[PDB]
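A short write-up of the structure that comes next.
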Amino acid sequence: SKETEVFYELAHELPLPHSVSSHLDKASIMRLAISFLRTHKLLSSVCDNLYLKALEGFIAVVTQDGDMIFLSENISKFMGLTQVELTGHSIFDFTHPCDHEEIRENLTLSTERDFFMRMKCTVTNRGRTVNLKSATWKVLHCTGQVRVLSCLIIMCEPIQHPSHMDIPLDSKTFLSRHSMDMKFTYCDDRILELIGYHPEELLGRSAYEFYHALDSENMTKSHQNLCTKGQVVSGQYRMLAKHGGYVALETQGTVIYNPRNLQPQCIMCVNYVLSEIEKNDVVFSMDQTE
Amino acid sequence: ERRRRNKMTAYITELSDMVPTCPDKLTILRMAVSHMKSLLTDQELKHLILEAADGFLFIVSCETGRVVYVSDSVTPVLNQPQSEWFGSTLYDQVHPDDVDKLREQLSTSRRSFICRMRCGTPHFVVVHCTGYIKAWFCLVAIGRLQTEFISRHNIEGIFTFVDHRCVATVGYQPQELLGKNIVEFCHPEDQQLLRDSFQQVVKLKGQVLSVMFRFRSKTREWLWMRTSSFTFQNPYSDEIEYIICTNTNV
Ligand SMILES: CS(=O)(=O)c1ccc(Oc2cc(F)cc(C#N)c2)c2c1[C@H](O)C(F)(F)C2
């Protein structure tokens, strides 16, 4: 009796709604309390519905042995799992095992970090929610710093699935569809006005034909990442425009699987042009001569 | 269970190790209570974004583009006074060619897009912006931050890509090399050598071989020139995409 009192005390003195703080078992009150203290601790070393709502991802801080000592509130809006559920638990218990090693390397030891990691997701496309066994894997783009006992402070953005777009799109982005040999099976039609290519010309051409050579290596790794994990965001890179010169693009890509066959059909690319044509004096390629 | 209690104890120990004023269970349960009663913070979430994403927040009227607000994080992110930004227009802070894109994102939901902003103490950095439209209209957004020349050939030796530096290395415009066989620029006596190199890098697929040969400049003079080079294969099909070459004026 006399401890149940002080457990409800601590709970309602956690930074929580009276609502959610009532419901906690004691192991959770331990976890959350400890994570809160740990977290405050890291904060001293470093130094809302707006920021939270304007983010397209969640913030998380993970110790070097993998403990997830803080997860921003809105994580549920993207993974379905909640701050109360996961706080204090290992990142490795909620990520794809074939990513665990990469995660390990990124928790460890320049301070900048950027990778992709598959994490369990229990919210469904459009609204609904499932149970932890019915969990899908979702790829997250993680960028932050490792920092000093060591922590990893990252922002994790889901990569919007191109079939399911909550988010609108401007004139300066266009879609493209590729064979798994990265050929052009379909391309949007603003590609002309933005770069000058007609879709016909591109089809059955390997995207490698249009990379600035200085990019190609970077691009292949992105591709390999895309195939290991299922989504990816490229770094920025320049596509050879048609009449000489080039443009700064940045593409996010998705393999799409055959839902009946269960094999993968192709790759959907959403392509963000970041510039006009640059250096159209210069002809880099054979295409830009004709 | 047995370890159930053991991990509740490991929690308790962990607590006592983190509460500096800090005994038994009831006590640490209550010393924690008072020690947090002393003390996520609002303005600190900001520092979290700054540290993690290198992002700063700003709110701009939709109708005009007026900066109704900018968080001071703008100065670590963009090397900008808060004064330089606040009370201004978003079109003022972006690349001129990003003006149009920008207009579309501010018409009468979520918003997400990319754009070059100005920094300084005329240079631009690329900026990912996310956020949403609230009434007042306005946009609540976060902006975070992110000797030789090189040639590609088909397996025949046809230039299919050169960087502008060929002009400085051999005198030619890129157009005067593109479409032609590198062997056509090779001195007779060396052409077999060049071709041996080209049969070899393809057979020794993947690896870098290097070869030296004379190269007629735009002015006809023979230029000794070392090209290390290697095949590039498609990651999926392993088909030879092309040969990559780095042609260094020896
Ligand atoms: C997903 S990704 O890495 O970012 C990517 C980007 C552009 C990709 O091809 C493109 C699409 C585009 F609109 C302009 C260019 C160029 N240059 C290349 C591809 C990928 C995939 O490999 C792929 F295999 F689908 C092919």
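Each chain is given a letter, A onward, matching its sequence line's place in the list. All residue numbers given for chain A refer to the PDB entry; the residues shown span 28-74, 88-149, 163-201, 219-360 in order. Here chain B follows the PDB entry for its numbers: 98-119, 126-142, 159-227, 259-271, 301-315, 335-344, 361-464, in order, are the residues you see. Reckoned from all heavy atoms, side chains included, excluding hydrogens, waters and symmetry mates. Header says: X-ray crystallography, 3.0 Å. First listed ligand is number 1; within each ligand, the first listed atom is number 1.
Notes: drug at ligand 1 recorded as PT2385.
In this PDB structure, the PDB entry names the chief binding partner of PT2385 as Endothelial PAS domain-containing protein 1.
Lab note: other chains with heavy atoms under 4.0 Å from PT2385 -> A. Residues with a heavy atom within 4.0 Å of PT2385: A:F244, A:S246, A:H248, A:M252, A:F254, A:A277, A:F280, A:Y281, A:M289, A:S292, A:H293, A:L296, A:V302, A:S304, A:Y307, A:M309, A:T321, A:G323, A:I337, A:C339, A:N341.
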